[PDB]
K.L.:
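The structure is given below, and queries will be raised subsequently.
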Amino acid sequence: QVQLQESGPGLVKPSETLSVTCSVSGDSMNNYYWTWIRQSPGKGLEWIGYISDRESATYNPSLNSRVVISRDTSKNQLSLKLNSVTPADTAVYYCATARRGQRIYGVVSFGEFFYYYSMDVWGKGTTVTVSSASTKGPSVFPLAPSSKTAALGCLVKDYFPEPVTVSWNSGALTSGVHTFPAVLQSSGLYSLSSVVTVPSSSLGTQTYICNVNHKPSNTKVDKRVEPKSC
Amino acid sequence: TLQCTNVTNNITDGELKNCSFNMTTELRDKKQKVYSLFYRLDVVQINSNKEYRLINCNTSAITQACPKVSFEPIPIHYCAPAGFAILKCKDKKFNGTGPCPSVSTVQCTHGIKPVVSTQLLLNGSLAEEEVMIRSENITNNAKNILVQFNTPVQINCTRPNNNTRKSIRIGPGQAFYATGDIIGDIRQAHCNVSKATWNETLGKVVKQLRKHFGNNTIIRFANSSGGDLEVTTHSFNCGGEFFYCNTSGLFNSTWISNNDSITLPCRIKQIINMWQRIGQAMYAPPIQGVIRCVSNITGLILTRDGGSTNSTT
Amino acid sequence: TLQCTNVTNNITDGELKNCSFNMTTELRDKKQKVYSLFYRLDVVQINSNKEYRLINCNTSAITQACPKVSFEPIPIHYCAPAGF
Amino acid sequence: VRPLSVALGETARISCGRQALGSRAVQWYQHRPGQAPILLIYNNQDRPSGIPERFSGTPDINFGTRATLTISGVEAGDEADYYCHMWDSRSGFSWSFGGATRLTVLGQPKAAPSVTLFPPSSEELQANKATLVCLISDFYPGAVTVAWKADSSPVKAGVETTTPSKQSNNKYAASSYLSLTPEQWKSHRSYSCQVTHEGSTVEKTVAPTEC
Ligand SMILES: *[C@@H]1O[C@H](CO[C@@H]2O[C@@H](C)[C@@H](O)[C@@H](O)[C@@H]2O)[C@@H](O[C@@H]2O[C@H](CO)[C@@H](O[C@@H]3O[C@H](CO[C@H]4O[C@H](CO)[C@@H](O)[C@H](O)[C@@H]4O[C@@H]4O[C@H](CO)[C@@H](O[C@@H]5O[C@H](CO)[C@H](O)[C@H](O)[C@H]5O)[C@H](O)[C@H]4NC(C)=O)[C@@H](O)[C@H](O[C@H]4O[C@H](CO)[C@@H](O[C@@H]5O[C@H](CO)[C@@H](O[C@@H]6O[C@H](CO)[C@H](O)[C@H](O)[C@H]6O)[C@H](O)[C@H]5NC(C)=O)[C@H](O)[C@@H]4O[C@@H]4O[C@H](CO)[C@@H](O)[C@H](O)[C@H]4NC(C)=O)[C@@H]3O)[C@H](O)[C@H]2NC(C)=O)[C@H](O)[C@H]1NC(C)=O
Ligand SMILES: *[C@@H]1O[C@H](CO)[C@@H](O[C@@H]2O[C@H](CO)[C@@H](O[C@@H]3O[C@H](CO[C@H]4O[C@H](CO[C@H]5O[C@H](CO)[C@@H](O)[C@H](O)[C@@H]5O[C@H]5O[C@H](CO)[C@@H](O)[C@H](O)[C@@H]5O)[C@@H](O)[C@H](O[C@H]5O[C@H](CO)[C@@H](O)[C@H](O)[C@@H]5O)[C@@H]4O)[C@@H](O)[C@H](O[C@H]4O[C@H](CO)[C@@H](O)[C@H](O)[C@@H]4O[C@H]4O[C@H](CO)[C@@H](O)[C@H](O)[C@@H]4O[C@H]4O[C@H](CO)[C@@H](O)[C@H](O)[C@@H]4O)[C@@H]3O)[C@H](O)[C@H]2NC(C)=O)[C@H](O)[C@H]1NC(C)=O
Ligand SMILES: *[C@@H]1O[C@H](CO)[C@@H](O[C@@H]2O[C@H](CO)[C@@H](O[C@@H]3O[C@H](CO[C@H]4O[C@H](CO)[C@@H](O)[C@H](O[C@H]5O[C@H](CO)[C@@H](O)[C@H](O)[C@@H]5O)[C@@H]4O)[C@@H](O)[C@H](O[C@H]4O[C@H](CO)[C@@H](O)[C@H](O)[C@@H]4O[C@H]4O[C@H](CO)[C@@H](O)[C@H](O)[C@@H]4O)[C@@H]3O)[C@H](O)[C@H]2NC(C)=O)[C@H](O)[C@H]1NC(C)=O
Ligand SMILES: *[C@@H]1O[C@H](CO)[C@@H](O[C@@H]2O[C@H](CO)[C@@H](O[C@@H]3O[C@H](CO[C@H]4O[C@H](CO)[C@@H](O)[C@H](O)[C@@H]4O)[C@@H](O)[C@H](O[C@H]4O[C@H](CO)[C@@H](O)[C@H](O)[C@@H]4O)[C@@H]3O)[C@H](O)[C@H]2NC(C)=O)[C@H](O)[C@H]1NC(C)=O
Ligand SMILES: *[C@@H]1O[C@H](CO)[C@@H](O[C@@H]2O[C@H](CO)[C@@H](O[C@@H]3O[C@H](CO[C@H]4O[C@H](CO)[C@@H](O)[C@H](O)[C@@H]4O)[C@@H](O)[C@H](O[C@H]4O[C@H](CO)[C@@H](O)[C@H](O)[C@@H]4O)[C@@H]3O)[C@H](O)[C@H]2NC(C)=O)[C@H](O)[C@H]1NC(C)=O
Ligand SMILES: *[C@@H]1O[C@H](CO)[C@@H](O[C@@H]2O[C@H](CO)[C@@H](O[C@@H]3O[C@H](CO[C@H]4O[C@H](CO)[C@@H](O)[C@H](O)[C@@H]4O)[C@@H](O)[C@H](O[C@H]4O[C@H](CO)[C@@H](O)[C@H](O)[C@@H]4O)[C@@H]3O)[C@H](O)[C@H]2NC(C)=O)[C@H](O)[C@H]1NC(C)=O
Ligand SMILES: *[C@@H]1O[C@H](CO)[C@@H](O[C@@H]2O[C@H](CO)[C@@H](O[C@@H]3O[C@H](CO[C@H]4O[C@H](CO)[C@@H](O)[C@H](O)[C@@H]4O)[C@@H](O)[C@H](O[C@H]4O[C@H](CO)[C@@H](O)[C@H](O)[C@@H]4O)[C@@H]3O)[C@H](O)[C@H]2NC(C)=O)[C@H](O)[C@H]1NC(C)=O
Ligand SMILES: *[C@@H]1O[C@H](CO)[C@@H](O[C@@H]2O[C@H](CO)[C@@H](O)[C@H](O)[C@H]2NC(C)=O)[C@H](O)[C@H]1NC(C)=O
Ligand SMILES: *[C@@H]1O[C@H](CO)[C@@H](O[C@@H]2O[C@H](CO)[C@@H](O)[C@H](O)[C@H]2NC(C)=O)[C@H](O)[C@H]1NC(C)=O
C-alpha cells in the first residue's frame, strides 16, 4: 500500500528557493528509485530528475543545475528545492516511482543492453505558482439554500493564488460534492464554488461545515451553512 | 582527407567513423560530397573536428576487391603428371618426420581448402587416434608447433550488424562500395566456443605434451606476447569480412600433473595488406546484412618460451 | 560536361553537335578549352544552352581505337593440327 | 499536441511520436486533466496489473513494427492526453515522452444541463458586496453560452464565465459569476441565469422578494 503525497509552498517570488516535499507511505525508501515531474499551463509533461538507492541524484540537463533533490530515510520524506525561480516556472507538480527496466538485445558481457525507467505509482499533483504579486487569501460566505433535493454551499472569493480545497464536515460529507471551476477575474483573482447534495428533510437538523483551506495564505476556514431566516 | 565523426551511440564508449569526404564522379570536372563508415583500423587521423585518411594511403596503393569474386575456400586436389606420382603416408600416429610404415600412392591429394587463418586452424584435417603434435624441432622453441586434432571444435562467429552498402560512382565503369547505416542495434563481432569441449580439448592436448616433457610437470597458457594484429589475434575471413578476435580468454590457464560457452571479442578490417607485401593493399568491400559463419577448429600454431627457470614449468 | 550547340544549317531540321569543352594538356596544370563535333547517339544531355556528356561515361570506361589499326576484314583460313 | 478522435465501441490505435532505433522498450502513459498520470505499457507489450486488455501494444520482433497502442472497444471514458515514452539501444536516454495525442471520444448522448442559481448570502450582503453564481452540470456536449438578464434585459458588465470542463461523469461543468453591489442587487425585481444547451434553454431565476 505504497502511497504518495506532495506538499507545495503554494507561492514563491521569482528568484527564490522553491521547496516541495513528497511524503512516502506504505513501504521503505530503499527498494526503488524516486522521481519528480511537472506540467506548466498550456504546455506538456516534463521530466526533472531521479535518485537511486545509493542516493546519487541525476538531473535533466535542461535545468542549468538549478535543481537539487534529497530524500530522508528516517522521515520517509523525499525533498525538493528550486532556487532562482521564474514566472514561467508556475506549473503543477507530481511525484512518482521509477522501475529500472533493462532491455537486453545482444550479449551482456559486452553490455549490449540499456536501462529504461517506467513510472508506476503516482502522486496527487499539488499546485504552485511563481509570482511576484502579493498573496491573497480567500473570502468565505455561506450560500443559503432554497425554501421550496435542494442545494447549498460556500463561496471562495478573491484568493491568490491557487489552490483552495473544500471539504464538507471535515471530510464527513462525500456523496453529492460538486466543485466548479475558479474564474479568473480581470483583477487576477480567483473565484470558485463547491456544492453538495442532500435530502429535503435534513435542513436544520444536520450541520454542514464546509472546510476551506488556502495553504499559500495558510487560510483554513471551517464555515457553517444555514438556511435563510425567512 | 576524411571528415570523420564518431558513431551515433548513447555514450558508453567508437571503432566506427561516419566520415564525409569529397569524391569524383563519372564527369571529370564535377565532384561528389559523400560519406561512408569505416572501422578505426582502416583510418588514421592526420594533424574543428578531426580529419582522417586511410592507413594505407601513405605506404601502399589500394584496390577494391571485385564484389563478384568470393573469398570462400574450395577443396583443391593437387596432382602429379606422368612420370611423377604422390605418396600418402597412412600410418595413424605419425610425426611428419622420418620414414613411414604404411605407404600408398595417389595421383592426386584429397580436397584441400586453402583456409587463410592465423592462430586457429579451421575446417581442416583431423588426426587419427591420439592427437598428433608435429614440430620440425621442439628443442628450438622458435620452431612453430603444429597440432592436429582427432575431434573438431565448433565455433560460431557473427558480425551481428545488418549492413547497408552504398555504391558510389567514380567512373566511367569505376564504382566504390561504401557502407551506409547499420540497421538497428549496434553489436560487435564475436565468436563463441563451448567452454566445456574447449577446456576438454586443452586437457587432451596437455596429456599429449607431457609425453615430451616430464611425467609430472606444470603447463600454462598465455595470450600472444606481441606482433601485428594478424598474429596477436585470430585472423580469418567470415562471410567476406575479415575478423580478428581476442583469444586472451582461450590462453589463460595452468595445468598440474593431476554448462556455458566462451565468447571472443572480434574486430573487422577492410583495407588489407595480407602477406604484408608493401606497396599493394586490398580494400575488401562490405558485406550486407548480419554475417554468420561456423567452423570446425582442427589444429593450432603455438610457440614455447625460454630457459627462464629450468624444468619448473 | 559538354557545351554543345546544334550544327550550323539553314533550318530544315541536328544529329551533330558542335561541343566546346575544357580538356587537359601534356602539362598537368594547364588546361585546354577545345571543341569537337559528335553525332547525337554518342552524347546525352544532362540536366543558358544545354550541356551534354558521352552516353557511355556513366556506365562504361572508354578508350580511343588506335588510328593505325584498321577494322577491315581479312580472309582467315582456320586450320587443324596433326591427328585432326 | 496531435489531435485525434474515435467513436464509441470502436477499436483504437495510437502511433508513437518518434521512431525506433535499435531494440526498444516502449512506455505508454495516459493523463486525465487534473488527475494523476497512469502507466499502461512497459516493455513494448507488458501490461501491469489492473490495466484493461482493451489496450495492446507492439512487441519487439526486431524492428519493422512501429510503437503503437491498440484500444479495442473505445469508451467515452477514453478522453485524455497520451504520451509515448520511447527508449532504444541507440538514441539514448529519453527525458521526453514525445508529443501529446489528446483523444476526444465522441458520439455520446446529449444530457439536459443541470442548472441552478443562488442569491447573495446574508453574510456577504453585510460586507457591501453582491455576486450571482450559476453552476451547470450533467450535459453533453460542453457547448454552452451562459447569459444573464436584469429583469428582461441582458447584461455584459462584470461577466465572468468559466469554460465548460468535464466532470468525473464525462459531462461538462461550468461556473458563471457576475460582479455587483448590494444596491444593484436589491434594485431589480428578478435576475435570471440563462443556460442555452443545443438551442434548448434551462434558465433559473431568483427574486429578492421571495423566501
Ligand atoms: C552520419 O550519418 C547520418 C545518418 O544519416 C541517416 O542514415 C544514413 C545511412 C542514410 O540512411 C541517410 O539517409 C539517413 O539520414 C547523417 O545524419 C543525418 O541523418 C538524418 C536522419 O533522419 C537525416 O535527416 C533526414 O533528412 C530528410 C531530409 O529532410 C530535409 O529535406 C526535406 C525535403 O526532402 C525537407 O522537408 C526537410 O525539412 C529537411 O530539410 C529542409 O531543407 C530545406 C531546404 O534546404 C531548408 O530550408 C532552408 O531554410 C532556411 C531558413 O530556415 C533558409 O531559408 C534556407 O535557404 C532554406 O534552404 C529547411 O529548413 C529544412 N528543414 C528543416 C526543418 O530544417 C528527411 O526526410 C528526414 O526527416 C523526416 O523524418 C523525420 C521523422 O523521422 C521528420 O521530423 C524530424 O523529427 C526529428 C525527431 O523525430 C526532429 O529532430 C528534432 O529536432 C529538433 C530541432 O528541430 C530538436 O533538435 C529535437 O531534439 C530533435 O528531436 C527533426 O528535426 C525532424 N526533422 C525535420 C526536417 O524537421 C522530418 O521532418 C521528416 O519527416 C516529415 O517531416 C514533416 C515536418 O517537416 C512532418 O510533417 C511529416 O509528418 C514527417 N513525415 C515523416 C514520415 O516522418 C530527416 O530529417 C539527415 O539528412 C542526415 N544528414 C545527412 C547530411 O545526410 C550524417 O550527416 C552523417 N555524418 C557525416 C559526417 O557523414
Ligand atoms: C554467443 O554467446 C553470447 C552469450 O551467450 C550470445 O549473446 C546473446 O545474444 C542473444 C541474441 O542473439 C541475447 O538474447 C537476448 O536476451 C534477452 C534476455 O532474455 C532473457 O530474459 C528475458 C526477459 O527476462 C526478464 O523478465 C523476466 C520476467 O520478469 C525475468 O525473470 C528476467 O530476469 C528478466 O527480468 C528483468 O527485469 C525484471 C523487471 O521486470 C527483474 O525482476 C529481473 O530481475 C530482470 O532484471 C526472457 O524472456 C528470456 O527467456 C527467453 O530465453 C529463455 C532461455 O534463455 C527461453 O526459455 C524463453 O522461452 C525465452 O525465449 C531470457 O531468459 C532478451 O531480451 C532478448 O529477446 C528480446 O530481444 C530481441 C532483440 O530485440 C528480440 O528479437 C526478441 O523478440 C526479444 O524481445 C522481446 O522480449 C524482450 C524481453 O521480454 C522484450 O523486451 C521485448 O519487448 C520483446 O518482448 C515482447 O515480445 C516477445 C515475443 O516477441 C515476448 O516474449 C514478450 O513477452 C513481449 O511480448 C534476446 O533473447 C542474449 O542476451 C545474449 N547474451 C547471452 C548471455 O545469452 C550470442 O548470441 C552468441 N552468439 C552465437 C553465434 O552463438
Ligand atoms: C568453414 O566451413 C563452413 C562450412 O563449409 C563455412 O560456413 C559457411 O559460412 C559462409 C559465410 O562465411 C556461408 O556463406 C553464405 O551463406 C549464405 C546461405 O546460403 C544458403 O541459403 C541460400 C538461401 O536459402 C541458398 O540459396 C544457398 O544455396 C547455395 O549454396 C548451395 C550449396 O550449399 C547450392 O546448392 C545453391 O545453388 C546455392 O549456391 C545456401 O543454402 C549465402 O547467401 C551466401 O552467398 C551469397 O553471398 C556471397 C557473398 O557474401 C555471394 O557471392 C553469393 O552470390 C550469394 O549472394 C546471394 O545471396 C545473398 C544473401 O546471402 C544476397 O545478398 C545476394 O543478392 C545473392 O542472392 C554465402 O554462401 C555459408 O552458408 C556457410 N556454409 C557453407 C557450407 O559454406 C565457414 O565459413 C568456413 N570458414 C572459413 C573461415 O572459411
Ligand atoms: C569539399 O570541398 C569543399 C571545397 O574545398 C569544402 O568546403 C569549403 O570549405 C572551406 C573551408 O572551411 C570553406 O571556406 C570558408 O569560406 C567562407 C567564405 O565563403 C564565402 O564564399 C564562398 C564561395 O567562395 C561561399 O560558398 C560561402 O557561402 C561564403 O559566402 C569563410 O567564412 C570561412 O573562413 C572563415 O570561417 C572559418 C569558420 O567557418 C574560420 O575557420 C576561418 O578562419 C574564417 O574566419 C572559410 O574559409 C568554403 O566555403 C567551403 N565551400 C566551398 C569552397 O564551396 C568541403 O568542406 C569539402 N568536404 C569534405 C572534404 O568532406
Ligand atoms: C632438434 O633437432 C636436433 C637435430 O637437428 C636434435 O638435437 C639433438 O639432440 C641431442 C640431445 O640434445 C644431441 O645428442 C647428443 O649429442 C652429443 C654430441 O653431439 C655431437 O655428435 C652428434 C652425433 O651424434 C652430432 O650430430 C653433433 O653435431 C655433435 O658433433 C652426444 O654425445 C650424445 O650422445 C650421448 O648423450 C646423450 C645425453 O647427453 C644420451 O642420450 C645418448 O644416449 C648418449 O649417451 C647425444 O647424441 C644431438 O647432438 C642433437 N643433434 C644435433 C644434430 O644437434 C633435437 O633432439 C631436436 N629436437 C627434438 C625435440 O627432437
Ligand atoms: C583481450 O582480453 C583481455 C582480457 O579480457 C583484455 O584485458 C582487459 O583490459 C581492460 C582495459 O584496461 C581492463 O579493464 C579494466 O577493468 C576495470 C573494471 O572496472 C570495474 O570492474 C570491477 C569488477 O567488475 C571492479 O572491481 C572495478 O572497481 C570496476 O568497478 C576498470 O577499473 C578499468 O578502467 C578504469 O581504470 C583505468 C586504470 O587502470 C582507467 O584508466 C580507466 O579510465 C578506468 O577508470 C579497466 O577498464 C580489464 O581488466 C583487462 N582484463 C584482463 C584480464 O587483463 C584486453 O583488453 C583484450 N585485448 C584486446 C586487444 O581486445
Ligand atoms: C572551362 O572552365 C571555365 C572555368 O570553370 C569556364 O569559364 C567560367 O565559367 C563561369 C560560369 O559562368 C564564369 O563565372 C562567371 O563569372 C563572372 C565573374 O567573373 C569575374 O571574375 C573572373 C575571375 O574570377 C574574370 O575572369 C571575369 O572577367 C570577371 O571579372 C560572373 O559575372 C558570373 O556570374 C554572373 O553572371 C552569370 C551570367 O554570365 C549569371 O548566370 C550568374 O547568376 C551571375 O549573375 C559567372 O559566375 C567564369 O568567369 C568563367 N571563367 C573563369 C573561371 O575563368 C568555361 O565555361 C569552361 N568551358 C567549357 C566547359 O567548355
Ligand atoms: C619423428 O619420428 C621419427 C620416427 O617416426 C624419428 O625418426 C628417427 O630419427 C633418427 C634421427 O634423429 C633416426 O636415427 C631414427 O632411426 C629414426 N627413427 C625411426 C623409427 O625411423 C624422428 O626423430 C622424429 N622426429 C621428431 C621431430 O619427433
Ligand atoms: C553453434 O551453432 C550451432 C548451429 O548454429 C549449434 O548447434 C546447434 O545447437 C542447438 C542449440 O543451440 C541444438 O538444438 C542443435 O541441435 C545444434 N545443431 C547442430 C547441427 O549441432 C552449436 O551448439 C553452436 N555452438 C556454440 C558454441 O554456440
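Chain A is the first sequence line, chain B the second, and so forth, proteins listed ahead of strands; every chain is numbered from 1. All values below come from the heavy atoms of this structure, side chains included, with hydrogens, waters and symmetry mates left out. The structure has been trimmed to a portion of the entry, and contacts are counted only among what remains.
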K.L.:
Please name the chain that forms the largest contact set with chains A and D, as given in the PDB entry.
P.N.:
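It is most in contact with Envelope glycoprotein gp160.
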K.L.:
Just checking - which of 10-1074, HDIT101, AZD8895 is the one at chains A and D?
P.N.:
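Here it's 10-1074.
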K.L.:
Any idea which other chains have a non-hydrogen atom closer than 4.5 Å to 10-1074 (chains A and D)?
P.N.:
B
K.L.:
What residues make up the epitope of 10-1074 (chains A and D) on chain B at a non-hydrogen distance below 4.5 Å?
P.N.:
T8(B), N9(B), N10(B), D181(B), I182(B), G184(B), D185(B), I186(B), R187(B), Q188(B), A189(B), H190(B), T263(B), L264(B), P265(B)
K.L.:
Okay, next thing: residues of 10-1074 (chains A and D) within 4.5 Å of chain B, non-hydrogen atoms. What do you get?
P.N.:
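Paratope for chain B, heavy atoms: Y105(A), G106(A), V107(A), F110(A), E112(A), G22(D), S23(D), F63(D), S89(D), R90(D), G92(D), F93(D).
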K.L.:
What organism is annotated as the source of chain B in the entry?
P.N.:
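Going by the PDB entry, Human immunodeficiency virus 1.
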